[PDB]
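Lettering: A, B, C, ... assigned in the same order as the sequence lines. In chain A, numbers come from the PDB entry; the residues present are 5-88, 96-215, 232-356, 362-427, in order. Residue numbering for chain B follows the PDB entry, covering 4-64, 71-136, 142-218, 221-539 in order. Both counts, for ligands and for their atoms, begin at 1 and track the order of listing.
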Amino acid sequence: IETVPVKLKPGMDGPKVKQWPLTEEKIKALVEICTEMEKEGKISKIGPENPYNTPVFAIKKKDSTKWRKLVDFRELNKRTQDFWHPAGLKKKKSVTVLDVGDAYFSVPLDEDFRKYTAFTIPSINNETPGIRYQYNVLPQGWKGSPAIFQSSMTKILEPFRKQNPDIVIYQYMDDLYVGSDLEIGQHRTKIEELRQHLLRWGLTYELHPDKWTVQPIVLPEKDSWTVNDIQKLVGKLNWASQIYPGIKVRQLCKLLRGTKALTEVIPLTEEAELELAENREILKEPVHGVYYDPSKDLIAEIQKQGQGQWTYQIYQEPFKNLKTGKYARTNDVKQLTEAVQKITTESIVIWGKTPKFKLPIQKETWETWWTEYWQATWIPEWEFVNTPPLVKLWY
Amino acid sequence: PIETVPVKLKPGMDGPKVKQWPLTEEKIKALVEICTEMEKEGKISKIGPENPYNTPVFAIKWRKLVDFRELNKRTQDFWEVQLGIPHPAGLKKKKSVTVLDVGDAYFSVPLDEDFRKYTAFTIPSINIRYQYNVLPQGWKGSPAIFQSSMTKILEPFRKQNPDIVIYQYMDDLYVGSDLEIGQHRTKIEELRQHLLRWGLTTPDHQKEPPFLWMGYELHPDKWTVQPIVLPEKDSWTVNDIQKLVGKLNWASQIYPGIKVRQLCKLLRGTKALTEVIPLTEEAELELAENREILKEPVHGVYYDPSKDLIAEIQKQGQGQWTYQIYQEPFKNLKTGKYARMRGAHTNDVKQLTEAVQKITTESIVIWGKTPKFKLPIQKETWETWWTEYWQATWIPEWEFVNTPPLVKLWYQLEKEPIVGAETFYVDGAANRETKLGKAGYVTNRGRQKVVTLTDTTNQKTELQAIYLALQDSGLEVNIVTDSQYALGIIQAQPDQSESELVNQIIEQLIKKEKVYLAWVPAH
Ligand SMILES: CC(C)c1nc(COC(N)=O)n(Cc2ccncc2)c1Sc1cc(Cl)cc(Cl)c1
């Protein structure tokens, strides 16, 4: 076969990323998987003249006792020559996703480029050099594998959509998003068939988009208000006034006049009940003028709410959320990890991009356990925050 | 006997051309004699007017020396050799360990034919140009290629014999097994045999233990640290003191007793790197107490994959935590300390949790598994803070150990205002030139108080107001503040801070039975 010539953005060089430590277990699994992949020529041990390196991990997708090898090409992707999103699935009623990484394994990778896909199987306590490899084909998790297979990807999708643009399918890297606004049981059935429409070329639970929303901010409803109650209302409303400047709190603060006990009930005045109600009206809808902007980064913040409860916001301009939601019940970590996935998925669905996460956890903790419950095929960018969410009761 | 490995120069670099250092006759002749034997062995070869570059040569004393630094500045980069430390305590203890010599196997590896041209050197007229055909000595890419080549050779053997451990370091091969001397010996010979078949003749001087290795001393049943010594000086500059503190911190990792506070005070207000500083008496003591602590070398046993890994943590000083990793009571594999301070405001449980994390990562790196922890913290305690803390934490299976001091929650702020408790609306502000530090409060019951200050910020006055509130109230209080600074600080529920007011407040908060703190926007 002939290879598609790839290049690094003119002025770039390969990645030299550190490989986080793994348990013996993950090492053992990794080494099995690799020589077999070697046996098949996908990868072939490499030498020391190759200075590059990309992290690799070992995940075991549940409901099987079989390990899968995940490679972190995030960095590679950031530097592969700039290579050159169907709204409607975010609309469909039930969506499905499939893994088409395999397809790539049948495509020779450009000679001069394999060198950049070098990765290392680590050794416990570094008593062994470390098992080095490189890809000879199209690697899973690399932005360049979809872009190069594109030519043959659509060229294999026609026999289901040339004159069948009823249902919808989107492809994000190794991902296949099949959205069909059809019947529940009559869903699995239309995809289980695409599962057999690509297989003719080699590669041998649902999502509910339309049922999402950038949830509203809600003020409490009460028969009686206390000093504290009002102090909190004003607080939450103040915050909310940066998103919606029409919000007013003069009348309420009037109530906070004097120095009464925190637990004391303060009757609401007519001027105060009116303001609250106008405030309730402003908030009934998501702030105007908030649209997605491709030139911007999608950012997601998560806050732990206790009781296996985790709230999150996706936004590009702080306090201009494009979406909000909650994940719910196991431990903090497993939950935090499942949440990042759920969130990343919707993100890929709505905007076809993964967001940069701000994770409320110590870094070393995450790095050690995230692979424990990771089932996705991609890895989003993430950073770790150490500052308490002062807006954990407002957001 | 092994596929030469392709090599190239950095992006658009040229070979060396540094003129030849005209040497003397006694010198020229010696090299002439050395090149002759290496030539008749392959290692080098004459070249001629052809080749352009030139690396100068030297004849150390009668030993050939090629200054390659200027060709290593123009050669590609190689996959680093020392990937990882490693720690002596991860090493599995075998019954027998043999060490094999490689040595001359140095010139025993071929250099890429298209790179060679660049290894050209010149031998002056006795009264001769060459080039290497083998990993020259002094070439940036030779160690990497050597080890790698060596790895490839062993790969097979390591296969047909997994129960054997082989550590390749420099010019030696440390092979350990758990077989019986009869079997061990035989295997070795096979290895010797295999090694021969690739041109790695193994001499049939026997280096014995302790093996000196990267600051370590390896004995049969244990490992020790090479003695750590500090400089002997009458006059200490700022430079000296900084490097000293440097070494100390580093060494404090295994010598938890080490302190640097008094020696680092010495760095205060220092005008110059050469400025000499009289050592404080509290600094002299500390320097002496460290010299001593460092007289008793750190040591531990080797790894027994047959037993379990147990880690024990202890609350030493302030922010200081010691820990031991053992398999059998007090028979330490490794010991250390953890004392980082991740942020300005914190408390003991978060810190114990961080320490727990560190040891886990280290374990995973050293032994490939996490250990069983014995921690000085009740289940009740860690569980209350866990589900109360804003970050996601991962606790491992652990066993309690009532060995004081115990880690505990010194307090918890109420979640709802306290009914019937006096409500204090506190406040404070000042003068920017210099303080009109008037901090005080007013309560629903009419009690009121204002206190003036000196030399304090604007937020300090907010903190004061809360302190005043706290100190002047019953055991149960409600405090309303407009300070985000104060709120933030306190809401975190730290049990200690580098501040004195924050600290005073904390002890106050600890004394109380109930405390609800509320924030209201600053009008
Ligand atoms: C077979 C190899 C992997 C090995 N395993 C043990 C672990 O020790 C035991 N007991 O096997 N030892 C130490 C040793 C020292 C003296 N006598 C015997 C062994 C060694 S030798 C060694 C030598 C150096 Cl320079 C560096 C390292 Cl990391 C190890």
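- The drug assigned to ligand 1 in the PDB is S-1153.
- The name the PDB entry gives to the main binding partner of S-1153 (ligand 1) in this structure is HIV-1 reverse transcriptase.
- At a heavy-atom cut-off of 4.0 Å, the other chains in contact with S-1153 (ligand 1) are listed as B.
- In this structure, residues within 4.0 Å of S-1153 (ligand 1) (heavy atoms) are B:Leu100, B:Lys101, B:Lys102, B:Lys103, B:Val106, B:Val179, B:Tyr181, B:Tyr188, B:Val189, B:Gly190, B:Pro225, B:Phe227, B:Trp229, B:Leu234, B:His235, B:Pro236, B:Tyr318.
- As recorded in the PDB, the organism behind chain B is Human immunodeficiency virus 1.
- Short contacts between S-1153 (ligand 1) and B:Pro225, defined as distances under 4.0 Å to a heavy atom of the residue, involve ligand atoms 16 (C), 17 (N).
- For the pair B:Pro236 and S-1153 (ligand 1), the shortest N or O to N or O distance falls below 3.5 Å.
- If you check which protein heavy atom lies closest to atom 6 (C) of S-1153 (ligand 1), you get B:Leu100 CD1, 3.8 Å.
- In this entry, no covalent bond from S-1153 (ligand 1) to a chain is modeled.
- Inclusion of A:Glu138 in the set of residues having an N or O under 3.5 Å from an N or O of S-1153 (ligand 1) is not warranted.
- Within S-1153 (ligand 1), counting atoms from 1 as listed, the ones closer than 4.0 Å to a heavy atom of B:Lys103 are 9 (C), 10 (N), 11 (O).
- Distance from atom 24 (C) of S-1153 (ligand 1) to its nearest protein heavy atom, with residue and atom name: B:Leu234 CD2, 4.0 Å.
- With respect to atom 7 (C) of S-1153 (ligand 1), the closest heavy atom belonging to the protein is B:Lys101 O, 3.5 Å.
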